[PDB]
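In order, the residues displayed for chain A correspond to 2-373 in the PDB entry numbering, which applies throughout. Just so you know, ligand 1 is whichever comes first in the structure, and atom 1 is the first atom listed for that ligand. FYI, side chains are in, hydrogens and waters are out, and symmetry mates aren't considered; it's all heavy atoms of this structure.
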Amino acid sequence: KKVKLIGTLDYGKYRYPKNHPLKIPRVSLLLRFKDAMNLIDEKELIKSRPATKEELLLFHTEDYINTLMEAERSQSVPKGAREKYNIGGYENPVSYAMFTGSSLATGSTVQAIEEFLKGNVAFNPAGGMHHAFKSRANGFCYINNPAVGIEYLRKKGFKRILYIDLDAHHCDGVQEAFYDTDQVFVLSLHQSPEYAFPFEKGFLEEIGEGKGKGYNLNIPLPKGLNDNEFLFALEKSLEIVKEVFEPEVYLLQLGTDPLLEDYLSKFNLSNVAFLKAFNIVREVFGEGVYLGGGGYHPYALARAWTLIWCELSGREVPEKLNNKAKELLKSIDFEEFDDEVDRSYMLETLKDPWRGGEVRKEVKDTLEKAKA
Ligand SMILES: O=C(CCCCCCC(=O)Nc1ccccc1)NO
Ligand SMILES: [Zn+2]
């Protein structure tokens, strides 16, 4: 049983435009980081491969895929593509990330899956692009690696696939994709749609359609969410799943945006709570395929995913970051959103302190209605 990390420094060449949250290095940055912390070896890394047209078609429609391919190389927005495919906008602009990086991130999810099925443990930090629809770009996403991955498994015969999304936002793409089926159970904790993207979906009431009614569970959570609240809903919502679904396999997306320092989230979570959310899912359902997801703060991103890597890699977490790592992080131009909050403290340790607190009624009500 090997523990593999799927990645490449090439993502770093497929960034989104300056004015875009995804303009920064992310997975390429994770690799440089753990290499600087000496927490990864060559024999544990798997080079990302591009998803084949066929694999993408296990979910996405040809016209939508050909539109992506055409738009990228001509580096343009084709006539009627903006409207029909939600491509070209600020949200999902034209770039080399729209198809080449997306395909790369997607092939890595299948790679991650192939590995798991070989009896190994893999983590694909570039995957977890859960917003894309069958024929539409959405929320920075063009290709839905999770859906594509899940369909991959269905073709391999699995009939009870589980998907847990701990990313701060609802995986509306993953939801629409298996909303009418009961072979795939979709579960998601995220910022309530009442105040956060997607805004149009993610509400507790969305429990399915047809045979799938009861196989989609959304856990809308309040702003200022603290560690205890987060963990509370996880353990609690996982329970609802176990009494209703016996998984043959499950995927977990681990976006680091729920963390306190990430601006695209109103949650004030910590690394440790994040790490624990992870281990709790593993305690309940065993090992599964681990995916990446949203994350916009270079420091949180790096420290957080490094914890996941250590946990998997069975290696102790250095309590501090050596100089090579501190310098790396400081070399990235990110520009803090809130002028000066000062996040240099993140450079003084890998595991930050707990940010627990009481558990608001809201959360307990949310869970209770989800239970009922
Ligand atoms: O990370 C996500 C959500 C992506 C959608 C975020 C869109 C909102 C947006 O445009 N925000 C923004 C843009 C520039 C600078 C800061 C925030 N999925 O989990
Ligand atoms: Zn997110």
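At ligand 1 one finds the drug vorinostat. Going by the PDB entry, the chain with the most contacts to vorinostat (ligand 1) here is hdlp (histone deacetylase-like protein). Closest to atom 6 (C) of vorinostat (ligand 1) among all protein heavy atoms lies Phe141 CZ, 3.5 Å. Shown in contact with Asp168 at under 4.0 Å from a heavy atom are these atoms of vorinostat (ligand 1), numbered in order with element: 18 (N), 19 (O). Apart from vorinostat (ligand 1), the ligands and ions with atoms under 4.0 Å away are ligand 2 (zinc ion). By the criterion of a heavy-atom distance under 4.0 Å, neither the backbone nor the side chain of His21 is placed next to vorinostat (ligand 1). Residue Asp258 approaches vorinostat (ligand 1) through these ligand atoms, each under 4.0 Å from one of its heavy atoms: 1 (O), 19 (O).
Residue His131 touches vorinostat (ligand 1) through its side chain alone, judged by heavy-atom distances below 4.0 Å. The PDB entry names the source organism for chain A as Aquifex aeolicus. Residue-ligand proximity: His191 is placed with every non-hydrogen atom at 4.0 Å or more from vorinostat (ligand 1). Residue contacts with vorinostat (ligand 1) include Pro22, since one or more of its heavy atoms lies under 4.0 Å from the ligand. Close approach of vorinostat (ligand 1) to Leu265 (heavy-atom distance below 4.0 Å) involves ligand atoms 11 (N), 12 (C), 17 (C). Between atom 1 (O) of vorinostat (ligand 1) and the options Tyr264, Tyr91, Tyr297, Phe338, the minimum heavy-atom separation is to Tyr297. Within 4.0 Å of vorinostat (ligand 1), judged by non-hydrogen atoms, the site holds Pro22, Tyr91, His131, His132, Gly140, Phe141, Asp168, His170, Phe198, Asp258, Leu265, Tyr297.
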Show me a pair-per-line table, with atom names and distances to 0.1 Å, of protein N or O atoms that are under 3.5 Å from an N or O of vorinostat (ligand 1).
unit_1                : atom_1 : unit_2 : atom_2 : d
vorinostat (ligand 1) : 1 (O)  : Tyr297 : OH     : 2.3
vorinostat (ligand 1) : 18 (N) : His132 : NE2    : 2.8
vorinostat (ligand 1) : 19 (O) : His131 : NE2    : 3.2
vorinostat (ligand 1) : 19 (O) : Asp168 : OD1    : 2.4
vorinostat (ligand 1) : 19 (O) : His170 : ND1    : 3.1

